[PDB]
Each structure stands twice: as structure tokens, then as C-alpha cells.
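Opening remarks: the structure here includes veliparib.
All chain A residue numbers match the PDB entry; in order, they span 226-348, 353-579. Quick note: numbers below take in every heavy atom, side chains included, and nothing from hydrogens, waters or symmetry partners. Whatever order the structure lists them in is the order used to number ligands and atoms, beginning at 1.
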Amino acid sequence: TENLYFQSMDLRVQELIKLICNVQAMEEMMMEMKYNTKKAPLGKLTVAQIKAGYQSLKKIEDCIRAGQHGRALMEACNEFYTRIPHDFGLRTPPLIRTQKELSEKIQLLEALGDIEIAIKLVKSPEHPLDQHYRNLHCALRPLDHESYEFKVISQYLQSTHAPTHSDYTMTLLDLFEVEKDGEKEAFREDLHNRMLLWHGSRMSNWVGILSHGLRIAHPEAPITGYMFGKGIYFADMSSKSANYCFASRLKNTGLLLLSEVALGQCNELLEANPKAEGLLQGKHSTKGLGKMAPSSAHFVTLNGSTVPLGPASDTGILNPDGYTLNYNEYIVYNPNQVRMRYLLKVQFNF
Ligand SMILES: C[C@]1(c2nc3cccc(C(N)=O)c3[nH]2)CCCN1
């Protein structure tokens, strides 16, 4: 009954904060991604250096697009590796020549960007954990495991776990309601087709996401890193987003975010187009159409947002040209179409 006297941060919030603010975990995560933390300590990384990294990736993009492989491309990849040091040990540093390889470097810089944010943020009479939490300017309130909200979100979590993501299952360890300063008032409440949708991210990135909100891509990032342009990406299948947690048997605790997304009218597309944003022409979002999705007969709503409970079934969508997405994804291009609402602490069972 100590809390009636002294009013502490709930233990579950303390443990969350300890988890996402762990700078050692960030160092290990970047070393796994082949970033050379010894040559370029994360503490000294600046926004300008990351920006310069993106500009080198753009030079690489120019080269890939022109089919170049000689001097221009070598010069570009060397420049990139000079600006964003990597550790390939004794192995030839690899060329960056495909969309997937470009995207991986982009995700490395996205992580570096959120790390730069976190290290600044975690720098009195106040306990370090109270200080970190305050500095997020984002309320996080644990929810009761016997609440209605917990039940619906566990159902959404399990029932939208996709059949082709069978290398793990997920256990919901804890649940927090998220109220980020400003989002309620900015949100596009007027738009129809408001859905509660998934976003996953690496564990290094949550200090940045909670303190700044979900953001569109850096303006200097190569556009070809982004399947449907520089928007904020969401899934209706929990495991499509959870894959982007990059959890593993070694590090099997990750987080998953649910947000209210004001989709309005969707421009529906069957295959990648990085210039998708320019195709909106008055519509409000992009939907990449998948072969399998939850169907409306099973939907429920939670506080005005449609919750697309599974199981997934065939959508009857095939592309007669080539590749079709396995599952849907949704893209909005203004943060005011996003209101963060829940954060799940997830145990991944490999
Ligand atoms: C490749 C990329 C990405 N695509 C997604 C599609 C559905 C969900 C997510 C998510 N993170 O939950 C996605 N993330 C592009 C933007 C950042 N990473």
C-alpha cells in the first residue's frame, strides 16, 4: 500500500521505460546490423551525419536506376560506408545494388535517427526513470488484464497472426494505453474508414516513436526505399507488423503499436509504386491490396475505430502481371491521420 502514501510510477511502466531506454541494447542492435559502433560511437552521431548518409544512398539509387556498376557506384558505396561506418571484418564490403539492399540501409538509418533521439532524451532530485518518462511527453497507462480492451486486443493479436509467419507465436505480456500530447486535437476525426491498425518497429526505435510520434520518411531518403512512397505504414495482420520488430530467440521481447488511422478514401493498388503519393488525387490513403485479409463479417469496433478481427481469408485479388502482396498494407501521408492508442509488450515464442 506504499503507492497510497508516495504515488510512484507503476512498476509495469518503470519496466517498460527501463526496457526502451537501454542504450546498451541499442549498441548491440546496431552491431547486429553491421554498424561500426567502435569507429562511430552512437553518442557522437548527429542528425547531419545521418542526413549525409541518406544523400549517399540517393547517389547509390541514381546508379542502380541507371544500371551503373563501375566507378560511379563504387565511389557512392564507398562514400556511404565512409559516412556511416560498417564492420564487415575481413570480408569485401558488399555493393548495394538491389531495392531490398537499399531498403535495409534505409532502415539502418531510420534506427540511427531514433537512437540519436533516445540518447539525447536519456541524458536532478528526480529519479532517472521519472525523468525519461516525462521527457517522452506521452502518457502510458497500464491496462487490466481482465478488461474488455485487453480481451479485444488479444483477439486481434492472435486472430490476425498470418499463416505464412509460422516461425513464432506471440504472447501478450502487458498492455498500455497511449496518449501522446497533441494527437487527439490534430487528428482527422472527420474522415471515414477509421481503422485500428498495427505498426511494428525495432526495439531501438520506441523512445523516438513515443516522443515524436510516427513520422514520414526523411526527405533525403531514396524514394525507392518505400513501396508506396513516404508515408506512415500500417498492417491489419498483427504478424506482418511484428516481423518488423526483428525480435529473435535471443531477444524475444518486442513492442507493437496500435493506432487509429483515418484512412478516408483509399487509393487501392495491386503492386509497388514508390510514386503512389502523387496518385492520391483527392483520396486520403494508399491501400496495397493483399491476397489474404480479415473480412468485414468478423469486424468489431473499439471507440469509433473498426477492428479487423481475423481469421484472414482470400480477397479474390490477383495481379495479372506479376507479384501480389500476401497481406494488405495501409499508408497515410500526414501524421494527423494517426492517433496512437495502445502499446503491446509482446513475448515472441520461437
Ligand atoms: C518497409 C517499411 C514498412 N512497411 C510496412 C508495411 C506494413 C507494416 C509496417 C510496420 N512497420 O508495421 C511496415 N513497415 C516501410 C516503412 C518502414 N518500414
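Structurally, the greatest contact with veliparib (ligand 1) is made by what the PDB entry calls Poly [ADP-ribose] polymerase 2.
Chain A: most residues in contact with veliparib (ligand 1) are in UniProt domain PARP catalytic. Entry annotation: chain A, source organism Homo sapiens. Taking only non-hydrogen atoms into account, the UniProt active-site residue of chain A lying closest to veliparib (ligand 1), to the nearest 1 Å, is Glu558, 4 Å. The shortest N or O to N or O distance between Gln332 and veliparib (ligand 1) is not below 3.5 Å. Taking every heavy atom of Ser470 and a limit of under 4.0 angstrom, the matching atoms of veliparib (ligand 1) come to 8 (C), 10 (C), 12 (O).
Among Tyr556, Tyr462, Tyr559, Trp427, the residue whose heavy atom lies nearest to atom 5 (C) of veliparib (ligand 1) is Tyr462. Set against the non-hydrogen atoms of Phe463, the atoms of veliparib (ligand 1) under 4.0 Å away are 7 (C), 8 (C). From the protein, the heavy atom lying nearest to atom 17 (C) of veliparib (ligand 1) is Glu335 OE1, 4.3 Å.
Short contacts between veliparib (ligand 1) and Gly429, defined as distances under 4.0 Å to a heavy atom of the residue, involve ligand atoms 10 (C), 11 (N), 12 (O).
Scanning all protein heavy atoms for the shortest distance to atom 13 (C) of veliparib (ligand 1) gives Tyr473 CE1, 3.4 Å. Between veliparib (ligand 1) and the UniProt NAD(+)-binding residues of chain A, heavy-atom distances under 4.0 Å are seen for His428, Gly429, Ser470. Near veliparib (ligand 1), within 4.0 Å on a heavy-atom basis, the structure shows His428, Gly429, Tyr462, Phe463, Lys469, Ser470, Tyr473, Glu558.
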